[PDB]
**Student:** 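Let me give you the structure first, and then I'll get to my questions.
We name chains A, B, ... by the order of the sequence lines, and we start the count at 1 in each one. Modified residues keep only their parent identity, or become X, and their further atoms are not part of any contact count.
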Amino acid sequence: XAXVXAXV
Amino acid sequence: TXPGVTXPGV
DNA sequence: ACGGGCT
DNA sequence: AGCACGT
Ligand SMILES: *C(=O)c1cnc2ccccc2n1
Ligand SMILES: *C(=O)c1cnc2ccccc2n1
Ligand SMILES: [Co+2]
Ligand SMILES: [Co+2]
Ligand SMILES: [Co+2]
């Protein structure tokens, strides 16, 4: 849910 | 980080 | 369920 | 070389 590197 | 030492993130 | 981004 | 995240 987070997008810190993927943002799923 | 930073840059340097993106972000995090981006 | 998913890996990004320059000094 | 340097960084952990949640819908
Ligand atoms: C987003 O909130 C979130 C939480 N857990 C995960 C586990 C694995 C892949 C993606 C995820 N995204
Ligand atoms: C983004 O590519 C990425 C990779 N690993 C992580 C670990 C913990 C929090 C966030 C992250 N983001
Ligand atoms: Co991973
Ligand atoms: Co990466
Ligand atoms: Co989690």
**Student:** Say which drug appears at chain B.
**Tutor:**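 Found there: actinomycin D.
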**Student:** Please list, by chain letter, the other chains with any heavy atom under 4.5 Å from actinomycin D.
**Tutor:**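 Other chains, by heavy atom: A, C, D.
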**Student:** Name chain B as the PDB entry does.
**Tutor:**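 The PDB entry has it as Actinomycin D.
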